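Chain A residue numbers are taken from the PDB entry; in order, the displayed residues are 16-416. First listed ligand is number 1; within each ligand, the first listed atom is number 1.
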Amino acid sequence: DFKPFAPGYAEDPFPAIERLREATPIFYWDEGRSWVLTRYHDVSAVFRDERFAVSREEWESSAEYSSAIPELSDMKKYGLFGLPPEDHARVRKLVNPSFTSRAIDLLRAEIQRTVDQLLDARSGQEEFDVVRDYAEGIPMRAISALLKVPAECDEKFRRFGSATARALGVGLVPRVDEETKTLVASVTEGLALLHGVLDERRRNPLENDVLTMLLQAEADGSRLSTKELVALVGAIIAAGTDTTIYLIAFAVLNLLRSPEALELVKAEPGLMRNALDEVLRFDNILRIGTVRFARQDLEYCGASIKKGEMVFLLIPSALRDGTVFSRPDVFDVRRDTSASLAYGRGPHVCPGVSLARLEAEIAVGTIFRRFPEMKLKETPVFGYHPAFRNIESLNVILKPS
Ligand code: HEM
Ligand SMILES: C/C(=C\c1csc(C)n1)[C@@H]1C[C@@H]2O[C@]2(C)CCC[C@H](C)[C@H](O)[C@@H](C)C(=O)C(C)(C)[C@@H](O)CC(=O)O1
């Protein structure tokens, strides 16, 4: 039984996937039209198995997929998930330096400012929603600061980011939870806006600037094409928005749920970094996981997988694998989290890992330092986002009494 859209699954998928993981390393998911890998070692292996491709054009349903949401056709083919291996490496080699911990450190001040202003704006009420009043307003500001886009454009870009991430699932994953017209509008509006931002930066290039750097790469030799560049910036916005919102929300939730964990991070603020990694290890935000496609017929974990068939890596399951993490069903902010696959492995490893950790460190660190007695008002509400165990609301009382 695998029903990742069943009511309750997002809130707590662990009993259901544990049953799966213990019974089998692999199964075919009817509605998902793909194989599903449940165990750490098989999941981890596939990340680094060149037999399994990332490009959706290797899928048996590629035609149906490329035709869906034609406004995103360029992003699908020239984006990081679509480029051929040689081109993918080129693009990553080009942008990776811009995302190191050192490079993104400069954003520290602006992120703190945003976090400060969100807390000042709303901390006074009876009720505070860690999603809508806090987490939701942080990640795009971070990305926009990195892109040197005015705070005025934040809301429109966040809408683009969140819409794009869902739209990319249409025809690929089972149940995208929104009206197509609305999705396409936000995507169109966002791409237009992005075009304007890029044209302006071409007009006024800047020093030590990611976009300027990309634009110069595009102008000079053959290091980056216009479509690759647009697909890259679009993907950065779409990949880095909702993911980070849920990290922040899940972090606060999990620290409210473990007084012992919270107490350790209060005692040793230096543990926050490890705690945030353990949030994704213990309670991974992905509903199912990520996908790969078989480039040829092969046998795997006792299954006969055919060329072009999709495979889902069941991340929240692999990350509860007891052969890899001891006491895997315990949230332990002191554990070694090195083996967590939350940010991927191999050439496609998430470039935003440092930016995400920084944003969450500032956001989660600040809220608990400023309101150390914060308490859950009532059970968080979860939704049916096709990719995420999305928290819709996380209502708290900042200073209870
Ligand atoms: C906040 C928590 C985040 C998580 C849990 C996360 C997770 C992941 C994972 C698992 C992958 C690999 C998917 C695969 O291999 O199929 C990935 C890739 C990617 N991530 Fe993140 N990410 C996060 C934040 C960010 C941020 C903040 C950005 C941008 C600022 C970002 C940009 C990207 C991009 C562009 C890719 C595609 C990489 C490639 O295919 O070469 N992510 N992310
Ligand atoms: C938009 C995007 C990445 C990207 C880079 S280049 C390109 C095109 N897209 C982000 C990545 C994000 O870090 C994770 C969870 C990537 C999550 C990994 C996989 C790819 C997703 O869960 C996948 C099956 C999905 O459910 C959909 C709905 C298709 C995704 O949009 C979810 C989604 O939001 O994907």
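The drug or drug candidate found at ligand 2 is epothilone B. For epothilone B, the chief contact partner in this model is given in UniProt as Epothilone C/D epoxidase. Here atom 7 (C) of epothilone B lies nearest to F96 when heavy atoms of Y93, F96, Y80 are compared.
Numbered from 1 in the order shown, with element, the atoms of epothilone B that lie under 4.0 Å from a heavy atom of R71 read 20 (C).
Counting heavy atoms under 4.0 Å from epothilone B, residue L183 touches it through both backbone and side chain. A402 CB, 3.5 Å is the protein heavy atom nearest to atom 32 (C) of epothilone B. In the vicinity of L95, heavy-atom distances shorter than 4.0 Å reach the epothilone B atoms 6 (S).
Epothilone B places these atoms under 4.0 Å from at least one heavy atom of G184: 28 (C), 29 (C). For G367, the heavy-atom gap to epothilone B stays at 4.0 angstrom or more. Ranking the protein heavy atoms by distance from atom 23 (C) of epothilone B puts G304 O, 4.3 Å first. Put simply, atom 35 (O) of epothilone B has no protein non-hydrogen atoms near it, under 4.0 Å away. Listed by atom number, the atoms of epothilone B under 4.0 Å from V188 heavy atoms are 24 (C), 26 (O).
There is no protein heavy atom less than 4.0 angstrom from atom 16 (C) of epothilone B. Counting heavy atoms closer than 4.0 Å to epothilone B, residue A180 contributes atoms from both its backbone and its side chain. For epothilone B and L301, the ligand atoms under 4.0 Å from any heavy atom of the residue are 15 (C).
Under a heavy-atom cut-off of 4.0 Å from epothilone B, the UniProt substrate-binding residues of chain A that qualify: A180, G304.
Numbered from 1 in the order shown, with element, the atoms of epothilone B that lie under 4.0 Å from a heavy atom of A250 read 5 (C), 6 (S). The ligand atoms of epothilone B that sit less than 4.0 angstrom from a heavy atom of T258 are 12 (C), 13 (O). Heavy-atom proximity to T305, at under 4.0 Å, picks out these atoms of epothilone B: 18 (C), 19 (C), 20 (C). Checking distances below 4.0 Å from epothilone B gives these other ligands and ions: ligand 1 (protoporphyrin IX containing FE). Defined by non-hydrogen atoms within 4.0 Å, the binding site of epothilone B is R71, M90, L95, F96, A180, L183, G184, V188, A250, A254, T258, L301, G304, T305, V306, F327, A402, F403.
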